[PDB]
Amino acid sequence: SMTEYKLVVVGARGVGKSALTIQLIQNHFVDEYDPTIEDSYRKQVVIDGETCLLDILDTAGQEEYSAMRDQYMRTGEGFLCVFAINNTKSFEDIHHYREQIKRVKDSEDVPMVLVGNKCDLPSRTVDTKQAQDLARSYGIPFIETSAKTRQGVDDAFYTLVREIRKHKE
Amino acid sequence: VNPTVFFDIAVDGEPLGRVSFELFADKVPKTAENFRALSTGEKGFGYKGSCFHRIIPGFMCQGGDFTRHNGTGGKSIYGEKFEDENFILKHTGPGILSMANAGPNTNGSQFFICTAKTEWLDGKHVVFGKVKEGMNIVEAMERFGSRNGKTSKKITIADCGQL
Ligand SMILES: CCn1c(-c2cc(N3CCN(C)CC3)cnc2[C@H](C)OC)c2c3cc(ccc31)-c1csc(n1)C[C@H](NC(=O)[C@H]1C[C@@H]1C)C(=O)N1CCC[C@H](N1)C(=O)OCC(C)(C)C2
Ligand SMILES: Nc1nc2c(ncn2[C@@H]2O[C@H](COP(=O)(O)OP(=O)(O)NP(=O)(O)O)[C@@H](O)[C@H]2O)c(=O)[nH]1
Ligand SMILES: [Mg+2]
């Protein structure tokens, strides 16, 4: 029956990977920081009229285990590359995640979406234009989000499904 | 002489057994004293009643969040957080007791007991004690864990204090 999509959420420590996912799954946000080992979720949604099942892997931002990402990158079909708009170092880390994914999948054509999260906060250090330019150079969409207000949460995950559909045609 | 403290471990409220620890006050006095005082409850708060929220077989059992009881909390006797005292002692094998944290100088009350050597945590987590008696209790605890740490039963510190 309904198509299953394997989404993988990646990015630096504390950028909001789990808060985005839990907003998607449970429609709520908490300010406490429960750092992730590895979590998985399932949700059915309707995207462009077509019902489908999202399989979401919520991955660790812990940098010390960077050598342990290869298998989940091989398995995943699309990647939400999340940075926090108040954290310039997490924006710089995005390039290394994207290179790892391309290298592990041996392809220049991997479904990805750039996500700039925490857009509710006033301390913005990454211009919107700076992120849009990067996304344009990657050939992937860029979506701004807040897990706290829910802004863009649905849009980010759904846009990634659309990228995967285009890849598979 | 190094203090000794004990945990009486329970599983869904049923007793399992006692683990005792030597606290290396001779190398890390500030860290050992935090754990000692949290074990006695003498500041009016501490480990009694709290859970082991993260158990990963082959690696470690982690606990000590008595303020939020959900893996995100805890606090030291010196304030919410305190600095990394030193990294003299290393994660040499099963039974090592060491501080959990969220990066440099964020020690609170969360801690972890190693069930194997975890040498990559050397220089990042402050080692301050080791299991003295009841390593078989810590091993018994491992089967309630899982790959990502979620426990299948409530593992609690039903009682604790100093010996
Ligand atoms: C890649 C998957 N992964 C793994 C991992 C690593 C390996 N290796 C195999 C090869 N060897 C040579 C290297 C390692 C194998 N298999 C896995 C797991 C089983 O794959 C699912 C770990 C880990 C840790 C974090 C995130 C992802 C992680 C993490 C996320 S926050 C953290 N660490 C530090 C953690 N802070 C907190 O809780 C804060 C909230 C409190 C205040 C913390 O102070 N402590 C205490 C020390 C232990 C640590 N928790 C923890 O739980 O470590 C789990 C462990 C399995 C030991 C390491
Ligand atoms: N203001 C605000 N805070 C947010 C937002 N998203 C996450 N946070 C906060 O930032 C902290 C880290 O969020 P978390 O989702 O745990 O990030 P993570 O990327 O999953 N961390 P890790 O890689 O360790 O698993 C939490 O305190 C969370 O409440 C957001 O959109 N706005
Ligand atoms: Mg997370």
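Here is how names work: the chains are called A, B, and so on, in the same order as the sequence lines, proteins then strands, and each is numbered from 1. Each ligand, and each atom within it, is numbered from 1 in the order the structure gives.
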If you rank chains by contacts with ligand 1, which one has the most, by name in UniProt? Peptidyl-prolyl cis-trans isomerase A, N-terminally processed
Among simeprevir, tasurgratinib, daraxonrasib, which drug or drug candidate sits at ligand 1? daraxonrasib
Going by heavy atoms only, which other chains approach daraxonrasib to less than 4.0 Å? A, B
Looking at residues of chain B within contact distance of daraxonrasib, which UniProt domain do most of them fall in? PPIase cyclophilin-type
Specify whether the nearest protein heavy atom to atom 29 (C) of daraxonrasib is under 4.0 angstrom away. yes
Protein non-hydrogen atoms only, distance under 4.0 Å: does atom 10 (C) of daraxonrasib have such a neighbour? no
Can you pull up the source organism of chain B from the entry for me? Homo sapiens
Distance to 0.1 Å, residue and atom name: give those for the protein heavy atom nearest to atom 36 (N) of daraxonrasib. B:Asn101 O, 3.0 Å
Which name did the deposit record for chain A? GTPase KRas
To which protein heavy atom is atom 20 (O) of daraxonrasib closest, and what is the distance rounded to 0.1 Å? B:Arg147 NH2, 4.3 Å
Students should be able to answer this: which protein heavy-atom is nearest to atom 6 (C) of daraxonrasib, and at what distance? A:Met68 SD, 3.6 Å
Just curious, which residues make up the binding site of daraxonrasib with non-hydrogen atoms under 4.0 Å? A:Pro35, A:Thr36, A:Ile37, A:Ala60, A:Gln62, A:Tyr65, A:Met68, B:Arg54, B:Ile56, B:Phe59, B:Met60, B:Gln62, B:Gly71, B:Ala100, B:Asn101, B:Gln110, B:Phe112, B:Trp120, B:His125, B:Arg147
